[PDB]
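The residues of chain A that appear here are 40-434, 439-625 by the PDB entry count, in order. Remember, it's 1-based here, ligands and their atoms both numbered in the order they're listed. Just so you know, these numbers use all the heavy atoms, side chains as well, and skip hydrogens, waters and symmetry mates.
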Amino acid sequence: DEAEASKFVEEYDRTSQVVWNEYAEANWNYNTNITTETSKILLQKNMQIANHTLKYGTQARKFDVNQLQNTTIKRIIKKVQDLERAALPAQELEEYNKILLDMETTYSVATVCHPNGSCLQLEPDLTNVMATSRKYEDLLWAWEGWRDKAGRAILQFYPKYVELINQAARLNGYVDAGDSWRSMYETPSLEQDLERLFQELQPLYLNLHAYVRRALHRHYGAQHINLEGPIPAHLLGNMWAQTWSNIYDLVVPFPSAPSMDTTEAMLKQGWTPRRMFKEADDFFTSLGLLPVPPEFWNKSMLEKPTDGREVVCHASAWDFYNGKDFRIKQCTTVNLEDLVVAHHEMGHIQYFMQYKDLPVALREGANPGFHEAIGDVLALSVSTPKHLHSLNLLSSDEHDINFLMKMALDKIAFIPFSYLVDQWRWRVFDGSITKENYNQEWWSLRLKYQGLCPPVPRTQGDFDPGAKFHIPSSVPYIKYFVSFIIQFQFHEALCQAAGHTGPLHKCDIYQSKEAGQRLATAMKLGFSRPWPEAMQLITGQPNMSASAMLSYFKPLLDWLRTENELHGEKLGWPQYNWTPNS
Ligand SMILES: *[C@@H]1O[C@H](CO[C@@H]2O[C@@H](C)[C@@H](O)[C@@H](O)[C@@H]2O)[C@@H](O[C@@H]2O[C@H](CO)[C@@H](O[C@@H]3O[C@H](CO)[C@@H](O)[C@H](O)[C@@H]3O)[C@H](O)[C@H]2NC(C)=O)[C@H](O)[C@H]1NC(C)=O
Ligand SMILES: C[C@H](CS)C(=O)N1CCC[C@H]1C(=O)O
Ligand SMILES: [Cl-]
Ligand SMILES: [Cl-]
Ligand SMILES: [Zn+2]
């Protein structure tokens, strides 16, 4: 009956609030202080939430979903029918929980040491080396070292992780874990749509790639860069070469039009991690969106502890499922990179606050890409020279191309990377890639999509995917690719709503109530409606589209084409088998 389904959903919501709140606190503690005690209590509260999930999941499966009138109730019960890991038998569930914890801990505590003495952590030590070093061998030491210590140490867990996560997926009606992850977008054409979006960004990426390769040839020498081949993976200023902004100094289009060092300016003007988040909060409220509760400032970990405690430094935002307690956990360094990250995380909080009155089962983004996009949209306006000057962090066509380049190194370079991560994982989950070929197929995709090669030939036992946080942490990655496409669509739509005219990249939406209103109406929908509805609320149309991102970067595309043609660059990497001779 229709009445029994409504009652079930009401009972689910009530009991879920209590249990999910309890789990959130226990998960917070392990992430903020990795010990043996906190690892145990997390696993005990893990079985508690699994107990609830199993109880209500089993009940939900007794309801005939498609023979149910109300669409909101129908949708909730359908989601509760997916038990996820709680579908595993007790022994497999215990093993699976143990593996995830083991992989995450291994990643978190891995260090790279000189035999002399000094041991380096990923953050900030190895990250800093990757960002600042302009010495080929020193970059190699950190690049290889991190893979040797973190990547290699994840390999022993991964095949069993794959087995158990696929099993849980099959027990919930999917064919494998990748199938289950993709289903979050509720879009049959997902794979085709993403491929077309990626293809639309080829002219821009290939031109950026060719230009950067030429600049690296200039700095690192003709003997170490093949102008028709892939770029060695350790030279892009980032451990994973996923964003390239840290090598801006090597690639600046107009060196005679330099801008202020914002990181130096932040440190100069005494910018605290707490000020960085206060500024993000101001931007949201300027748009007419919600301020963070007083409780947020009291309970968030906005900086790496000087206590010397082992933490998960990876930046994340937290919903405690009571509509009052929201937190950010971040090991914040004072720079521009983390100022954008601060807006990114505050975007998650805004989303939490906006949909807090919905049933717990519908308290997520329209799709995972939406949750990731919100903060980045505001950060786009923040990053403009106009806005950076109003923050006293900065003091012509040449400055224009320079700024666009800086943006391109982050936003454009990230496209092929964010695309490839789950292209790899989907093929691991569906069985196309076995443990014999994990690493080799990872590098095939790094070549195919990003046009990169490893500086050092990989050996048996290498598991370079393991050296990227989201792999041992089992966090789906395709959302970041969606985010980067759609955030430019949102920027474009909000800029139109704010009455901005002229080049899209010149837009700053600060204080625009019309912009804030479009985001608010979409964000309040939570997961209650198919994502194209939220897309239509923001942009006036229902599709994902790369046209906004292309429009944003159009002046840079023109510049890159002229510059690359001038030097006769080959677009792409026709000599695709080239690897460093060293
Ligand atoms: C299908 O059912 C949904 C959800 O129903 C809700 O959940 C059920 C399990 C039961 O507990 C119901 O009692 C409960 O309503 C219905 O959506 C709901 O619609 C009403 C409007 O009729 C919304 O109420 C609003 O509440 C705000 C409070 O801030 C007021 O300002 C508004 O004026 C308005 O009264 C309610 O929020 C909404 N619930 C959800 C979860 O979206 C829906 O009406 C129903 N559809 C059909 C076709 O019957
Ligand atoms: C910090 C966020 C998690 S909320 C993240 O993992 N990001 C943000 C963009 C890409 C990806 C990454 O760091 O690899
Ligand atoms: Cl790698
Ligand atoms: Cl995702
Ligand atoms: Zn995020």
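Ranked by contacts, the chain bound most extensively to ligand 2 is, in the PDB entry, angiotensin-converting enzyme.
Looking at ligand 2, one finds the drug L-captopril. Close contacts of L-captopril with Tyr520, meaning ligand atoms under 4.0 Å from a residue heavy atom, involve 10 (C), 11 (C), 12 (C), 14 (O). Taking every heavy atom of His353 and a limit of under 4.0 angstrom, the matching atoms of L-captopril come to 1 (C), 2 (C), 3 (C), 5 (C), 6 (O), 13 (O).
Numbered from 1 in the order shown, with element, the atoms of L-captopril that lie under 4.0 Å from a heavy atom of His387 read 4 (S). The closest approach between any non-hydrogen atom of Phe512 and L-captopril is not below 4.0 Å. Listed by number with element, the atoms of L-captopril under 4.0 angstrom from any heavy atom of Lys511 are 12 (C), 14 (O). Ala354 O, 3.4 Å is the protein heavy atom nearest to atom 1 (C) of L-captopril. When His383, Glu411, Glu384, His513 are checked for heavy-atom proximity to atom 12 (C) of L-captopril, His513 turns out nearest. Backbone and side-chain nitrogen or oxygen atoms of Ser355 are examined, and none is located within less than 3.5 angstrom of a nitrogen or oxygen of L-captopril. The largest share of chain A residues contacting L-captopril lies in UniProt domain Peptidase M2 2. Counting the atoms of L-captopril from 1 in the order shown, those under 4.0 Å from a heavy atom of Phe457 are 10 (C).
Nearest protein heavy-atom neighbour of atom 5 (C) of L-captopril: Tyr523 OH, 3.3 Å.
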